[PDB]
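The next PDB entry has zanamivir among its components.
As listed: the chains are lettered in turn, A, B, ..., one for each sequence line. Residue numbering for chain A follows the PDB entry; the residues present correspond to positions 83-469, in that order. Note that chain B is numbered according to the PDB entry, with residues 83-469 shown in order. Residues displayed in chain C correspond, in order, to the PDB entry positions 83-469. The PDB entry numbering applies to chain D: residues 83-469, in that order. Worth knowing before you read on, the calculation uses all heavy atoms, side chains too, and leaves out hydrogens, waters and symmetry mates. Read the numbers this way: they start at 1 and go in the same order the structure lists the ligands and their atoms. So how was this one determined? The header says X-ray crystallography, 2.7 Å.
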4 protein chains.
Amino acid sequence: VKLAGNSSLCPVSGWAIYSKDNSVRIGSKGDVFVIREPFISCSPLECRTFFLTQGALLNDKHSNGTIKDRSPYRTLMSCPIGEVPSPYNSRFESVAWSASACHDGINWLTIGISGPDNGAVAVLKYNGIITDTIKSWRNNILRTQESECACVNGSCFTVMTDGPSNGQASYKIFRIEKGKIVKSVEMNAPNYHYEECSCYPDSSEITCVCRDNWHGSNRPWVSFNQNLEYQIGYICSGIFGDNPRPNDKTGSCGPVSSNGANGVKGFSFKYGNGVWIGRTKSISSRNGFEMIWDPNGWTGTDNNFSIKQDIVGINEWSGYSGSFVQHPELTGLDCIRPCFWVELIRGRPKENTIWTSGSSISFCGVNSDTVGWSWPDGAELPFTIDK
Amino acid sequence: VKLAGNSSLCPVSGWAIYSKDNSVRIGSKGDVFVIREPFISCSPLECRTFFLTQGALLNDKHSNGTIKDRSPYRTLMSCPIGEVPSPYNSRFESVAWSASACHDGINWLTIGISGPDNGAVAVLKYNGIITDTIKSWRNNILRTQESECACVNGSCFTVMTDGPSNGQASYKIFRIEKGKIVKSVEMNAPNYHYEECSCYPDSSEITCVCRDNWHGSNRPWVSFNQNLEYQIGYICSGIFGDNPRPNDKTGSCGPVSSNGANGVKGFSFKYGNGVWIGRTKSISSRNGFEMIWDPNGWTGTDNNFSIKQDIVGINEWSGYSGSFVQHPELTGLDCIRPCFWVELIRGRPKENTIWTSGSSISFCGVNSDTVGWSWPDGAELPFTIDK
Amino acid sequence: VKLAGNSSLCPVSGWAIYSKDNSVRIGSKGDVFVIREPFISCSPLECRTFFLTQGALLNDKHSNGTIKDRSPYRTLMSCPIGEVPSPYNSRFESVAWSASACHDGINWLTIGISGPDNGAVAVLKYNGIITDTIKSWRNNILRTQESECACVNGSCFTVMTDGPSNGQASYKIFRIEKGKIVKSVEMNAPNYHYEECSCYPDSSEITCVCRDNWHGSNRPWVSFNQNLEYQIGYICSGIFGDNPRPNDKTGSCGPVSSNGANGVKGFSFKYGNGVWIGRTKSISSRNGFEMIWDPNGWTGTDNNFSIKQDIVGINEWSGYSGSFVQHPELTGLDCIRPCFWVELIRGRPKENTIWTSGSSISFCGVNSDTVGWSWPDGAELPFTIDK
Amino acid sequence: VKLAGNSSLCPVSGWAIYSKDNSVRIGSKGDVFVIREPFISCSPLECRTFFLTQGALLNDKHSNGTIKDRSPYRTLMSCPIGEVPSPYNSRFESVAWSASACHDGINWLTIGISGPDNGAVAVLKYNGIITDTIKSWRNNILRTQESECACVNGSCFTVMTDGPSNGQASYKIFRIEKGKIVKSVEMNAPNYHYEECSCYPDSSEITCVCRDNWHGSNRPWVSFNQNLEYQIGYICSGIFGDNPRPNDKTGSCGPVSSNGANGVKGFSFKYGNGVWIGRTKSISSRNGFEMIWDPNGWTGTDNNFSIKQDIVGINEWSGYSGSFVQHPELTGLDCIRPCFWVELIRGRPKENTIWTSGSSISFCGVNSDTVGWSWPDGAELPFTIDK
Ligand SMILES: CC(=O)N[C@H]1[C@H]([C@H](O)[C@H](O)CO)OC(C(=O)O)=C[C@@H]1NC(=N)N
Ligand SMILES: CC(=O)N[C@H]1[C@H]([C@H](O)[C@H](O)CO)OC(C(=O)O)=C[C@@H]1NC(=N)N
Ligand SMILES: CC(=O)N[C@H]1[C@H]([C@H](O)[C@H](O)CO)OC(C(=O)O)=C[C@@H]1NC(=N)N
Ligand SMILES: CC(=O)N[C@H]1[C@H]([C@H](O)[C@H](O)CO)OC(C(=O)O)=C[C@@H]1NC(=N)N
Ligand SMILES: *[C@@H]1O[C@H](CO)[C@@H](O)[C@H](O)[C@H]1NC(C)=O
Ligand SMILES: *[C@@H]1O[C@H](CO)[C@@H](O)[C@H](O)[C@H]1NC(C)=O
Ligand SMILES: *[C@@H]1O[C@H](CO)[C@@H](O)[C@H](O)[C@H]1NC(C)=O
Ligand SMILES: *[C@@H]1O[C@H](CO)[C@@H](O)[C@H](O)[C@H]1NC(C)=O
Ligand SMILES: *[C@@H]1O[C@H](CO)[C@@H](O)[C@H](O)[C@H]1NC(C)=O
Ligand SMILES: *[C@@H]1O[C@H](CO)[C@@H](O)[C@H](O)[C@H]1NC(C)=O
Ligand SMILES: *[C@@H]1O[C@H](CO)[C@@H](O)[C@H](O)[C@H]1NC(C)=O
Ligand SMILES: *[C@@H]1O[C@H](CO)[C@@H](O)[C@H](O)[C@H]1NC(C)=O
Ligand SMILES: [Ca+2]
Ligand SMILES: [Ca+2]
Ligand SMILES: [Ca+2]
Ligand SMILES: [Ca+2]
Ligand SMILES: [Ca+2]
């Protein structure tokens, strides 16, 4: 039965651990896909991990040069949450080097993007049957969330970007029903840069927090209702949420240009003026991960904050992070539950290997007791294939 | 419920990618089967890849000599589409060095041929229970589709061949109900040659686009109704569909004698006088893949066409291709949906290995935007076991 | 719903091939159990392979010594017919160095004998739950069918043997209901020897063909009814069933003493005074396999016969062989369908390895065309673990 | 339906072997989790083995140092009884270096503890959804059963411990409904020590037999009803159940201090004044396992017993052990069947390897015959990774 999507977000005081797959540790001996850009999505029955394979296994030669982002071998697959991504336990979803997925309560919708950099095509599938396509309109790397899309009342919403990664690009919001694109809209957003949006449903409204690769080290947000009427802004908190970023100082309601180029995929959950900010501990590279509660972070520009929970220690490897939710239909609760995941990138460029891959951890928001710790990857690199 | 088969083949403008298994790249380290002759068939609930294994895993010594077509070791097996053929995720079907399979909407029918070239016998299983057999009637390598068979309203149809591959052979058309051969017609087709027929339902009638190993570098076709009343012909288009073949020029409505000896198994979708042709990019070897829409190719003999979509690059290994459909029962559509797959042959006789295996890719037709690319095998040869 | 057991054996002219797993070949790389004593039994829904693992993998140090018949590491496991027996696809049944299994149409019954040679205990499970045991009554290797028990009207029947192999031992029949033993009878068989019976239902009565390891080169048989009233004898046919055996001569209704010591597990199907005989092709060793129809060979001492179908050629390894049946409730037929499996033993003591394991092929009785051939194991010995 | 747990515990005279996984043997070559602390729990439909992985595989470098008790890499996982703990056959439960699990008849409840030693948080999942948490209240290694919690009429019960391992600590009992902690009680147990309780239901009440790591060589117990009203004491039998322990002699209803320090997880079944004691055969180290019937052991301090049964030999490594039950809803009996499992520890600290892992065996109480034997782990150490 379809997901109502009309409840508010559970107010949550801390983050309890939900999963860890240990993929790279196990992959040293096991048959584990080289993957990256992993994410989690839940259905009214199960929660799955979705990932982009590199069409190759760990500690094998075809993991050579897998730092590369796009190829015709990359595919989106999924497995149950907490299990290593394996040829022997993973469902095939689509051929993709950029992807999103979610479940309307009835069926899985997956969006996979493959093809040339200047002509990429997005394949929408509803219950594994192709239902639509969307072709690149700016002819410069069509790309999407690498996180769950968001479903409200039988409709599913996503953001896509085409254009430069180092200047003004174009951003469309899609509304999908049964894998059919039924409405789209181009955000008129001069000086904003949106990428890899982390989008969640909250009171029949979608909110997305994204990646400014052009010139923002804080995150841009876009929010919109079912009719794709949208609002936009930047998270005003001087506790910056991108990577790279400056040391915390007074923030902006626009893109903080200082250390704003490049970035990483991230998320934040909005509660009124308050915001839960997921972020790396290191300001210069993908190490560490922490969760911060700033009661005025969404719209205030100061950097004072209340709560910090540690998730990955400063000296340990992190990467992408995304939001995922559990709906009352699955949870039984009166509200939609905030969760987040963290990719733990290993290999190139930071380590001396011929390959890049990641594992994952995940957390769900609660009001009961919670603890900070460090849950890093744990693999001893380099592996045998590097010698 | 059983598949109606009564609707018309969906009009398609371009092909969107559906699956890529990366079977060979992953076979480097993983436990994957040496396979060839893969193909895809759907039930109303799921789509599956079928394949003949060589009863052997990749990068093991038992892949030695796997260029050989027939042995008592080959078994027909299947796994969910897009996944790698591994003995951990594969379902056993039959013992076979030539096969066919299809689902009538109720249960899977499979046909596996094994035994000596002198008098091989086909075994028919319905829900995995032997339900009929048929023995060679010319004592010269009884062989069938290596493709999905077609089903319309409870009856399933396939095409078998017995006899020379380099001259006149015998051709039988079968009607199969619940696993039992209930009718067969011997085809009166002197100077026609049919092997490895790709067959699909289209308005309660079946169309087969097959291979002429004898003396045609265009493709033989046979249409028939439920009572196995048939019409035979050849694809008239000057965009010759076989491999090997001559350069494109004036077509013929009989077999195109030039470079007609030998062949690859292939497919085509008929649309009035038009034809959607899928073929190799090279005219001399199993390399490259492309779809061509010839608006008059079924009946006309020019080599003119209106659309070309690139599937596999010219310089990269391809091989077999075959048709498959997705019925309204599976899709919700009011038409039978045309799809296809391409086997990607690796190793012998073209490459310096001790083995021959294949990976697969597949596409389904749409009217929405699409793009041509190259989605090749990707593995680096030779492997550890060749060295 | 219960297996009826009330219908007759299907008359069958020949044997169509049904499964081939390629276990030892695949085991050269893939993670495959070293097993032996495999056998097939079918529920009214699926057919499974039961095997006795040695609790080790192929090509690993622990396969060392696997010629050993008994140990505390041997477990009875289960996998889908034709698939390779591995930790990744097999189901745990019982701890066992001698076993039996059969489905009554409601649930699986399993019988797993383990423990010391001088006081073994058979554990009976019904639907995975233990439901009875029985202690050795002769304190010399309590041992049983190594092949499917036969079921009629909700009761399941088996034969077990306890005592010496070099002479006269003791033999009991059992009627098991819901995994409870409800009746047991000791066969009064002075000068008969019974081991590893292949038992099949047929017109509500059980017929077992067994193994004389003591002094009989033709095969002993017990027939009984639902009340365990029984008749015994030997297969009269001059076509000697057991191996080792003499060359074919005139036979006897009692134990043929010429080459009567030792033996191999085997099977045969009775049809009136006729008999279908499955046996090795060699008279000295476990090589070859062939099926033979002697229309009077059940009661007639003549060495004539009218059908010989090749299964495994004389120069190839074979070994154990048993009967398995398929009931109407699974096939929709109007009778009980005979089928058999052959185990293909590789390694010690005939081949220079540190291990003994085996693969399996199976056939089912049909009335349409069949051919004979050779379907051997086909692995190249010795393995890496032997070098 | 939800388990009643109102029947009494089925009285038994011996223990028949139920399952053996052969983990470390299979792990030599195959992809098997480095684990420890395994336990069995059962739903009304199936039986599963839970285990605490070390986020690594046997015979891989990542198993290095796996003698450490707690780490971020440790996760609670489960698989079907008797299958090896594999990335390919095993399910993710939660992240845990301490755990319990049980099934109320409707859904699996899991508890996983992770975090710092001074801050560990127990996360509770019901059907894989986080439903509660409980944090360390004494800041000293929060820990739980390492076996199945017991279930009664929709409520599940567990015991937890926080505090010193070598002195007075804090013990608490919990009532869990659908994953919600509904009631908890702190035991007033001065001069007692509780850890790793084995808890079973018996006539709508809960009996836990535990471990005194402080100063007790016999095991403590705590019985309680659904309302969390409890009585406490120590197993009075002079046949001591802990390890290390001193020589069997006269017992005590309080802490027997000789060798009292330290211990090993165990179990025992109460039968009026009678006790079924499971214990290692060595008094100094985890070697061997035996079952012993002391008809007055619960309340009488003499060291006489009626039955002893050999499980694992003295010259073989044992390890942990615990109870598990098979409710009438699963077996069909009218009592709650007692069953136990034994962890067979291999590697450090007792052997020359870099790793530690455990295999397992299980037994079920019967009334029919059994046999004493020795089903030891059977692996040949060291492995290649230790060389
Ligand atoms: C489509 C694509 O390649 N997206 C990139 C992403 C991208 O380059 C930046 O956002 C710039 O626009 O960089 C990130 C990254 O790790 O920084 C990897 C992504 N990899 C893939 N999704 N495969
Ligand atoms: C039964 C059989 O061996 N069919 C052959 C096929 C055939 O020989 C030609 O069509 C000539 O008749 O050639 C093709 C081929 O790749 O050319 C491989 C097929 N291999 C398998 N189907 N196994
Ligand atoms: C219980 C037992 O050990 N059965 C033996 C069997 C036996 O030796 C003969 O029947 C003689 O008594 O021979 C066969 C055999 O290979 O000849 C192996 C069996 N091995 C196993 N089933 N484990
Ligand atoms: C939570 C924890 O660390 N538990 C320890 C346990 C513990 O040290 C003792 O009970 C005393 O406090 O000892 C046992 C043990 O081997 O004796 C291993 C346990 N390993 C795991 N549970 N992970
Ligand atoms: C939300 O959706 C439910 C289910 O359709 C509906 O009954 C209810 O009216 C809505 N309640 C709110 C405002 O959350
Ligand atoms: C990876 O690639 C480079 C060239 O692209 C090559 O030099 C190197 O040997 C490769 N590594 C492996 C192990 O294949
Ligand atoms: C949900 O879906 C239907 C689709 O027609 C729509 O009409 C209705 O307004 C929606 N109800 C809500 C917002 O709960
Ligand atoms: C064939 O197609 C028509 C139109 O879709 C449908 O109404 C009819 O039920 C089908 N016929 C049969 C016999 O199933
Ligand atoms: C395969 O067999 C060939 C002979 O055809 C032999 O030359 C080669 O060494 C073999 N390769 C392997 C690794 O088995
Ligand atoms: C097998 O057994 C023998 C005798 O114990 C031993 O010496 C040999 O090395 C073993 N082979 C293995 C374990 O590879
Ligand atoms: C256990 O509970 C069930 C349901 O209330 C009941 O039918 C049964 O008799 C009970 N047994 C007792 C009370 O011992
Ligand atoms: C395990 O631990 C020690 C210390 O890290 C190291 O010296 C040793 O080489 C390791 N062993 C392996 C094979 O990883
Ligand atoms: Ca940035
Ligand atoms: Ca040709
Ligand atoms: Ca004999
Ligand atoms: Ca005769
Ligand atoms: Ca103690």
Practice prompt. Give the place of zanamivir in the structure, all copies included.
Written response: ligands 1, 2, 3 and 4
Worksheet item: Counting heavy-atom pairs within 4.5 Å, which chain has the most contacts with zanamivir (ligand 2), and what does the PDB entry call it?
Response: neuraminidase
Fill in: Other-chain heavy-atom contacts under 4.0 Å with zanamivir (ligand 2)
B
Item to complete: Please give the species listed in the entry for chain B.
Response: Influenza a virus (a/california/07/2009(h1n1))
Fill in: Nearby ligands and ions, zanamivir (ligand 2), under 4.0 Å
none
Worksheet item: Can you list, by chain and number, the residues with heavy atoms within 4.0 Å of zanamivir (ligand 2)?
Response: B:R118, B:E119, B:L134, B:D151, B:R152, B:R156, B:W179, B:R225, B:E228, B:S247, B:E277, B:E278, B:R293, B:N295, B:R368, B:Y402
